[PDB]
A.B. asks: 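Below is a structure containing alendronic acid. Please help me interpret it.
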Amino acid sequence: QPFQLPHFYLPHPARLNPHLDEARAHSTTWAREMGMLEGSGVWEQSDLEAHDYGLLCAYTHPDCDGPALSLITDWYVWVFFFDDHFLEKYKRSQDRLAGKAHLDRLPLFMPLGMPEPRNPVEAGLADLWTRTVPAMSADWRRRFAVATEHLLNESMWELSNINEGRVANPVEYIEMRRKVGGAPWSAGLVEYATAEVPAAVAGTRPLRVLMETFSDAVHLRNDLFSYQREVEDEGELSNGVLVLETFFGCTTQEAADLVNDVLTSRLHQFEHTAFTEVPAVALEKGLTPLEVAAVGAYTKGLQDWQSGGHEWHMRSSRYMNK
Ligand SMILES: NCCCC(O)(P(=O)(O)O)P(=O)(O)O
Ligand SMILES: [Mg+2]
Ligand SMILES: [Mg+2]
Ligand SMILES: [Mg+2]
């Protein structure tokens, strides 16, 4: 173990969806149906169960019913399969050209007909997209497809950095995980689980800031938990602890300690944003009682996502949690 986990700022206790065991059973079955287990070259069933994405989603989406949790869990099974698949098939061989082609096919499985799927990533996305889109607005649809594409562009950017040996500097790292990282995608599914953000406030600064603080915080937390795997097994350079470490030339523990202080700070700004800036713009735009409740449902969702996410990271076999 390369460093000891720091003292985390954890103000709000996590809650756990009672449909957890339902989500587990369904998603493991769905994974095999998509071809993500034996024969994938990526996961065996034992891997998927040890990662425990049912537990992740039950922690991060505590209030939705059994069917919603099952769909969300499949989404996360898919997003992590895509991550480990891309690593195993393209990153470890630094196959930038084949990676590009792989990624270029995936938008064909998010129509705003579809081709036949040739791999589990394509198969999973096709399935999820058809199951999810009918329940949401046409506007959520366009935003969610964009968010999913950003995730895809992220893998490319990361691979190119690995291939050229270039670690991003601290501002570059943050801005890149903001622009193409998976926080808007996660927040996209929080809306599915809670309510879509009223368009009257969706593009305003306080909701933008709310997303910035949410994004920074979730990535920095994961960086702390996955540094060991990423640095001494994967060769992944997209990690905040590694970014500070190379920039300052400090010890691993020193960088993790500062990363965590940055994390606590982002969490502070989230709380302030959620409590003050967002309610203010809700008044300024004259949202109805119903619209205000949707906003509150969503921001509350982000809070529970973060608290649950930490409890998951402390348990999943993906991470440095002893
Ligand atoms: N799509 C899921 C993202 C997975 C990660 O969180 P992990 O540390 O678990 O590998 P990332 O690769 O972004 O660091
Ligand atoms: Mg990744
Ligand atoms: Mg990863
Ligand atoms: Mg990580």
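Residue numbering in chain A adheres to the PDB entry, whereby the residues present occupy positions 4-115, 120-329 in order. What you see below is based on every heavy atom in this structure, not just the backbone, and it leaves out hydrogens, waters and symmetry mates. One-based numbering, in listed order, for ligands and for the atoms of each. How was it done? The header gives X-ray crystallography, 2.1 Å.
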A.B. asks: Where in this structure can alendronic acid be found, counting every copy?
C.D. replies: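 Every copy is at ligand 1.
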A.B. asks: Name, as UniProt does, the macromolecule that alendronic acid (ligand 1) contacts most in this entry.
C.D. replies: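 Main partner, per contacts: Germacradienol/geosmin synthase.
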A.B. asks: Indicate, as side chain, backbone, both or neither, the part of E243 found under 4.0 angstrom from alendronic acid (ligand 1) when only non-hydrogen atoms are considered.
C.D. replies: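 None of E243 does.
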A.B. asks: Taking non-hydrogen atoms only, is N229 closer than 4.0 angstrom to alendronic acid (ligand 1) via side chain, backbone, both or neither?
C.D. replies: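 For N229, only side-chain atoms sit under 4.0 Å from alendronic acid (ligand 1).
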A.B. asks: Which other ligands and ions shown here have an atom at a distance below 4.0 Å from alendronic acid (ligand 1)?
C.D. replies: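 That would be ligand 2 (magnesium ion), ligand 3 (magnesium ion), ligand 4 (magnesium ion).
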A.B. asks: What atoms in alendronic acid (ligand 1) come closer than 4.0 Å to a heavy atom of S233?
C.D. replies: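 Taking each heavy atom of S233 in turn, alendronic acid (ligand 1) has 8 (O) under 4.0 Å.
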A.B. asks: Does alendronic acid (ligand 1) have any atom sitting under 4.0 Å from a heavy atom of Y326?
C.D. replies: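 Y326: in contact with alendronic acid (ligand 1) (<4.0 Å).
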A.B. asks: Define the binding site of alendronic acid (ligand 1) with a non-hydrogen cut-off of 4.0 Å.
C.D. replies: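 Non-hydrogen contacts come from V82, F83, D86, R184, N229, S233, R236, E237, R325, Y326.
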